[PDB]
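Opening notes on fluconazole bound to Cytochrome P450 3A4.
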2 protein chains.
Amino acid sequence: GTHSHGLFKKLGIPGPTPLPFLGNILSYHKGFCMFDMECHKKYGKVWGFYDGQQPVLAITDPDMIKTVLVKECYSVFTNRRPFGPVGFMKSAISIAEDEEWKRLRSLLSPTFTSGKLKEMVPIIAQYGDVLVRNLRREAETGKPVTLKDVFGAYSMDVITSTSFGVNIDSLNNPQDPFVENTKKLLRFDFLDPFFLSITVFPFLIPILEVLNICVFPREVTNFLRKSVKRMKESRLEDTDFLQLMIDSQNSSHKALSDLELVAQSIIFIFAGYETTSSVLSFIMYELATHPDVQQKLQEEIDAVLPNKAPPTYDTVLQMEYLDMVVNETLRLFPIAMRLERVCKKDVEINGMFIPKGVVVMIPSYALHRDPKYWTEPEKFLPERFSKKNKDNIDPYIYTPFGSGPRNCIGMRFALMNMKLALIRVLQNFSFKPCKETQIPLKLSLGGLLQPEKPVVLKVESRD
Amino acid sequence: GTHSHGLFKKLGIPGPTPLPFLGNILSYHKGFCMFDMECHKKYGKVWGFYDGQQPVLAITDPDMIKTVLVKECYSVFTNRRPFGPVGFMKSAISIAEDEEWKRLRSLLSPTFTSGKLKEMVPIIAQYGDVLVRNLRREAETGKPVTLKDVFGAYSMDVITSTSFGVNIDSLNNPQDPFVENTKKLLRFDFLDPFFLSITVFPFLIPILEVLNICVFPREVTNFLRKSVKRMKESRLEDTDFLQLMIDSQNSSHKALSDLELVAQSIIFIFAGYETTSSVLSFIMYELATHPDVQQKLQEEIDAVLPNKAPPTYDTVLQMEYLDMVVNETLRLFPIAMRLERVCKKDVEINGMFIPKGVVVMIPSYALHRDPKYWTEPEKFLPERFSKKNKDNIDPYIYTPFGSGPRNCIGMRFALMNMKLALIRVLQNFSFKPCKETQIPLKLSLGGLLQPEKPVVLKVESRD
Ligand code: HEM
Ligand code: HEM
Ligand SMILES: OC(Cn1cncn1)(Cn1cncn1)c1ccc(F)cc1F
Ligand SMILES: OC(Cn1cncn1)(Cn1cncn1)c1ccc(F)cc1F
C-alpha cells in the first residue's frame, strides 16, 4: 500500500511518516490548518505528506510560490487536484483543466471587470437595505443575533438578484423554491466521511461518475438548469451575470454553450453563497470584540457618507480603514485555507526538483500567522494593512483569494459585496458581545474554516 | 448508460448504433477485422463506434491518416489508448505517454539503428542454423510439422541471445527457466473475457492497479527483473540489447534508470516473440500453397547465396523477391490489425472536427484488402511489391508496422530477423501441404490475428 510513499524520502524532503494506504490523513483529526502549522514549525520551509497515495509538497518560499501561481501557471501548474464525481459540473471553470479552463476563463473574464461590477453595485445596495430592515426587527427585540443566518439571507439575496434578476427577501420567504434550492449550495466539508474516503479510495471516483452520483445535489442543479433554460427563453422577449453570459454567446473562441452557461451560473452561487456569509460573520466577531475598531470604522463610514448616506462604488473604494478591517479579517480567517496546483510535468523551480503529478500546496492559513512575516499574528490588528505598512506585505504570503492567472475570479465582486453590507449595517447598528458569545472564538475541527459554536452577538440600533 | 453515445450523431458521422453500456462491443463477435471491413463497406470513408462509452473514430483517407500519424503526432495524437493494469510496466516505451514517451523513444532510438542491427546479424544467423538442424530432424521423420512451434523456438532463441546474450537451443531445452518464463510472454487476446470487461468497466482499471494486478504475469517479470539485475552486475566485470541500454546509461536526457531498463527488456521480448513466429507461419503457408512462388524464391536465394552460402546483412537486403513475399504476406496478415491514437486536444484535420478524447483508429487490416487500392486483394500476389509497382503503394494504406514517429521501433530488426530465417530454411527445405493443412486457411474469431487451426505442412529436405 506504499507504492509512492517513498517519494519524499528519495528527494531528501522532510515530512510526517505516512501509514500504509492512509498516507497521512489521520493527522487531519485537528483539521487542515493545525496540520499545516505543525508541519511548518516541525519541518521548516518545505515538506511533504501523502493524501492516501497522493504526494503533496508544501512550499512556503514566496519566490517559489510565485513560480507556481504566476510564472509557470500555464506551462506546468495549470490544474488543481481532480475533483469529482462532478458530472456536467465538470464544465465549471473552477473544475476545468488545461485548454478548456483557459477558454472558459477567457470567456468569463469580461464578466468580472470593474466596469461590470460597478454596474451591479445598485442591485447589491438594494439588499443592504433589506438587510438593515431585517436586522432592525431583531435589534428591536432584545434577542441575541446569530450572524450566519442574517448574513446568509443577505448573501442569498445578492446572489439571486445579481445572477438571475430574481429579487427576493429570502429571510422572509425562506421557503420560495429558488431560495429552497440555492440554500443547499454550501461549502464542501473535505474532511467529512465521504470526502475522506475519496482520498483513501480515489480509484472509486470514476465508479461514482458512472452511477451519475454527483457532489452537487442533483435536484438543485436540475432545478436551476431548467430555471435557467426558462429564463433564457423568457428574457429573449420583451446586468445580471446570466444576461452577461447570454450576451457573450453573441460574438476567437468557440463560444460557451447552453450547458456551459448553466455550469457557471451554478458554480458562482456555490462560490459566493456561504463564503460571503462566513467572512461577514468573522468580520463582525472582530468588531464586537474590538469596539474601538468598530467605533473608528463607524466614524469613517459617517465621514464619507454623512446622514447615513447610501454607499456607492467610488465611496466604497474611498474607505481605507474599511479595507484594512476586511483584509485583517481575511488574514486571520482565510477560509479556503490552502491553495493547490498539480505539477503536470517533471520540473525544477528555484533549485528544487518537483516530480510530475505531485500536488504543490500553498498553506495560506499557516502563512497568514507566520511570526516570520506578521508580528503578534494572533491578534486582530488592522494597522498592518495601513497604507504606510502595506509595502512590507508580500502578495505571495497573504493570499486569501490566491494569486496568478487562476486566482479567485470573484475577488473584486466579493470584496465590494461584503463592504457594501458592512457599510449599511454599521451606519445603522452597533454590535455587542452577549454572554453566549464564544470568546475567544474557536475554530471547528472539520474540513471547513468555521467557528466551533456559531457567532452570536447583541445588535443595538444607533437610532 | 449512454452519457457519450450521442457523439457521432451530433457530428453527423455515421456508424453502428450502440447499445446502452456496451456500446458496439457485441459486434466484435467475429473479431476486429470483420467488424472493420463491414463498417468500411457499410459507412464508407469515415465512421464511428463505441468501445463501451469510448468513442472510436475510424479514418481511411490517406491524407487524414498522415496528419494523425506524422503531422500532428507530437501536438495532438501522441498517445495510444490507456492500457493497464500495468504496474511498473508503465515505463515501457510502447505504454508510455507524452514527454515520458518522447524521452524513452529518444533514449532507445540509437539501439535500433541499421548500424546496431548489422552488428546483431551474426547472432541471429547462428539460430537460423539451429533452426535448420531441428527442422531437418523433423524433415527426416516423415511427420507433419506445426509451424508455430518450430518458429516459436527460433524466435525465442533470437530473443534470448540478442537481448541478453543467453544462448539456448530452446526447442531442445524447452524447460530451462529462461525459456520457461519468456515462453509465457504471448500476444494479448484483447477480445478475451478479461480485456472485454475492461472495455465495459474501464473504471475498474485503477482498482486492479491498486491490488498489484498486472497484465504481464508477475512471476515472469520478477524472474526477468532479478535476472537482469544479476546480469547487469556480472557483465560489470571481466552487442545485445541489454548491453546497449547499459551503455546508454553512460552519457541531454535524464538517462534511463535500472527499472526503466528492465521494462524495455521485457517489452521487446513481448513485442518480438510471438509476432515473429506468427508472421513466419503465415509466410510459409503462402509458400506451401504457392509452390511457384516458393520455387522462384528458392532460386533467388540460391543466386545471391550459391552453395547454400550463409546470409549476411547486405545479401539479405539484396533479395527483392524475398522482400516482396514478406511484404505481401504482411499485407494479407497485418497482425496488429489496427492502429490507434488518442485525440488529446479539440482539433480539426483535413476539414473534419475531432473532439478531444476520441480515439482515432486506422483499420490497417481493412485497408490492406480494399479493392479501391489493391486489385484481387484476397490473393497472394507478390508482384504488387515489385520495384515497378511499388510506386503506387501508399505508405498510409499499407501499414503493417504503423507510420510516423510512433511506428514500430523494431521494424527493421523484425524484417531482418524473419528474412534470415526464411533464407536459411529455404536453402535447405521445401514445404508442402499435408492432408491436414487447412486450405484455405481461416482466421480465428478472437482478438488475435491467427489461423483457426494451426498451420501444419510437410517439410522435405533438399538434401
Ligand atoms: C469572500 C469570498 C471568497 C473568497 C475568500 C474566495 C477565495 C478563493 C480562493 C482562495 C480561490 C483559489 C485561488 C487560487 O487557486 O489561486 C478561489 C477561486 C475561485 N473563486 Fe473564489 N472566493 C470567494 C468568493 C467567490 C465569488 C463571490 C465568486 C463568484 C464568481 C468566486 C469564484 C471563484 C472561481 C470561479 C474560482 C476558480 C478560478 C479558476 O479556477 O480559474 N469566488 N476563490
Ligand atoms: C513482425 C513483427 C512485428 C510487427 C508486425 C510489429 C508491428 C507493430 C505495429 C503495427 C505497431 C504500432 C505502430 C503504430 O502505432 O504506428 C508497433 C509498435 C511497436 N513495436 Fe512492433 N511489430 C513487430 C515486432 C516488433 C519487435 C521485434 C520489436 C522489438 C523491439 C517491436 C517493438 C515495438 C514497440 C516498442 C512499439 C511501440 C513504439 C512506440 O510506441 O513508440 N515490435 N509494432
Ligand atoms: O474550494 C474553493 C476554492 N477553490 C476554487 N477552485 C478550487 N478551490 C471554492 N471556492 C472558490 N471561491 C469560493 N469558493 C473554496 C472552498 C471553501 C472556502 F471557504 C473558500 C473557497 F474559495
Ligand atoms: O499491441 C501491439 C502493437 N502496439 C504497440 N503499442 C501499441 N500497440 C504490440 N506490439 C508491438 N510490436 C509488436 N507487438 C501488437 C499486438 C499484436 C500484434 F500481432 C502486433 C502488434 F504490433
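Chains: A, B, ... assigned top-down by sequence line. Following the PDB entry, chain A shows residues 26-263, 269-281, 286-497, kept in their order. Residues displayed in chain B correspond, in order, to the PDB entry positions 26-263, 269-281, 286-497. For ligands, and for the atoms within them, numbers begin at 1 and follow the listed sequence.
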Could you point out every ligand or chain corresponding to fluconazole?
ligands 3 and 4
What are the letters of the other chains with a heavy atom below 4.0 Å from fluconazole (ligand 4)?
B
State which residues lie within 4.0 Å of fluconazole (ligand 4), judged on heavy atoms.
B:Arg105, B:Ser119, B:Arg212, B:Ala305, B:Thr309, B:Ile369, B:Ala370
Which residue and non-hydrogen atom of the protein lie closest to atom 13 (C) of fluconazole (ligand 4), and at what distance in Å?
B:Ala305 O, 3.2 Å
Can you check whether B:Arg212 has an N/O within less than 3.5 Å of an N/O in fluconazole (ligand 4)?
no
Extract the source organism field for chain B from the entry.
Homo sapiens
UniProt-listed heme binders, chain B, heavy atom within 4.0 Å of fluconazole (ligand 4)
none
Heavy atoms of the protein only: does one fall short of 4.0 Å from atom 20 (C) of fluconazole (ligand 4)?
yes
Exercise check, heavy-atom protein proximity under 4.0 Å to atom 17 (C) of fluconazole (ligand 4)
yes
